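Notes on a structure featuring axitinib.
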Amino acid sequence: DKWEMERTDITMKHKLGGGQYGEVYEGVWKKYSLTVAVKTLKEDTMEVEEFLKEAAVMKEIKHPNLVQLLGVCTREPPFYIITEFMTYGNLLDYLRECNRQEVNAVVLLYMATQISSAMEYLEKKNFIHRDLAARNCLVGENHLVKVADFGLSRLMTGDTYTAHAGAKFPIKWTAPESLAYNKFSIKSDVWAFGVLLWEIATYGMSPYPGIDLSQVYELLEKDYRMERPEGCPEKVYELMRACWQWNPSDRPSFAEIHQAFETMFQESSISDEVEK
Ligand SMILES: CNC(=O)c1ccccc1Sc1ccc2c(/C=C/c3ccccn3)n[nH]c2c1
């Protein structure tokens, strides 16, 4: 296997983001002076197969807006999955703490374009994402945004993936058919993407603010949808609302979504330069 490394090339430091990602540590790949992120797994565990599965998935996936695997150490008790280090952390915290004059309207469009690009790639590859949200997107330099591979699952048959029995997902990001039946399709991801667009537009506000979890499904079933946040362009809100169609088949594909954002991003860019 080309991906294998020797664990002593890595200098391990402290847990990233106060443990919000679980067992992921800042590390240094000594012979490149390169900071990295290192997912680790205790040796006393029953999750070895799942963890190797994550690695195998990471081997198959490659895209500029998906967090990149760098190497694994999987022949010795503490298993490692080493990924690139994203210096600005998760996108949700980034949006909340950022200078909004730097991270302005055009940057927001750019971030959405990047994520939609990643999702269109996954769509074509017959993958779905079980955890599409701002908190699971990572930010590097120059407003580079990548979706984390955590939550990625490949469809072996059909267009639906069923989450492990008893699974509990965050209600406010989850498509109603997924809440109801535990089925995730790429259309469920389109729903989640609409919510992510709302997280971006509001600089990291919680969705359905003030609304209690217990009411969300019924409210959605009865056509309740979040309103347009101030500052949000109408075309972006319309796309958001297209993502929140009750029937999965009425939602646009990520190909259509990415193309819409690419077009809007270009027009803003062109209009930006035209102003001198
Ligand atoms: C086991 N958990 C995961 O694999 C996971 C889940 C959600 C999102 C990501 C990951 S893996 C991961 C986590 C953090 C990172 C980072 C940087 C984290 C960070 C966080 C705060 C401040 C600065 N940096 N770079 N690359 C990463 C890869």
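For chain A, we keep the numbers from the PDB entry: what you see runs 233-508, in order. For ligands, and for the atoms within them, numbers begin at 1 and follow the listed sequence. Determination method: X-ray crystallography, 2.2 Å.
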**Item:** Main binding partner of axitinib (name per UniProt)
**Value:** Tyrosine-protein kinase ABL1
**Asked** Heavy-atom contact under 4.0 Å between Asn322 and axitinib?
**Response** no
**Item:** atom 16 (C) of axitinib [closest protein heavy-atom partner, distance rounded to 0.1 Å]
**Value:** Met318 N, 3.7 Å
**For atom 15 (C) of axitinib, the protein heavy atom that lies nearest, with its residue and separation** = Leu370 CD1, 3.6 Å
**Residue and atom name of the nearest protein heavy atom (relative to atom 7 (C) of axitinib), distance in Å to one decimal** = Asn368 OD1, 3.6 Å
**Message:** Tell me whether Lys271 has any N or O atom under 3.5 angstrom from an N or O of axitinib.
**Reply:** yes
**Winner among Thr315, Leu302, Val379 once heavy atoms are compared against atom 28 (C) of axitinib** = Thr315
**Item:** Proximity to axitinib by part of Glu316, non-hydrogen separation under 4.0 Å
**Value:** backbone
**Prompt:** So is there a nitrogen or oxygen of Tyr253 less than 3.5 Å from a nitrogen or oxygen in axitinib?
**Reply:** yes
**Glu255 to axitinib, any heavy atom closer than 4.0 Å** = no
**Prompt:** Please state which protein non-hydrogen atom is closest to atom 21 (C) of axitinib and give its distance, to 0.1 Å?
**Reply:** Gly321 CA, 3.8 Å
**Request:** Provide, to 0.1 Å, the distance between atom 9 (C) of axitinib and the closest protein heavy atom, together with that atom's residue and name.
**Result:** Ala380 CB, 3.6 Å
**Prompt:** Which species does the PDB give for chain A?
**Reply:** Homo sapiens
**Prompt:** Taking both backbone and side-chain atoms of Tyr320, is any N or O found less than 3.5 Å from an N or O belonging to axitinib?
**Reply:** no
**Request:** Please name the UniProt domain of chain A carrying most of the interface with axitinib.
**Result:** Protein kinase
**Request:** Mark up the atoms of axitinib that fall under 4.0 Å of a heavy atom belonging to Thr319, in ascending order.
**Result:** 23 (C)
**Prompt:** Does an N or O from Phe317, backbone or side chain, lie closer than 3.5 Å to an N or O of axitinib?
**Reply:** no
**Message:** Check for me whether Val299 has a heavy atom closer than 4.0 Å to any atom of axitinib.
**Reply:** no
**Asked** Using a heavy-atom cut-off of under 4.0 Å, does the side chain or the backbone of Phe382 touch axitinib, or both, or neither?
**Response** side chain
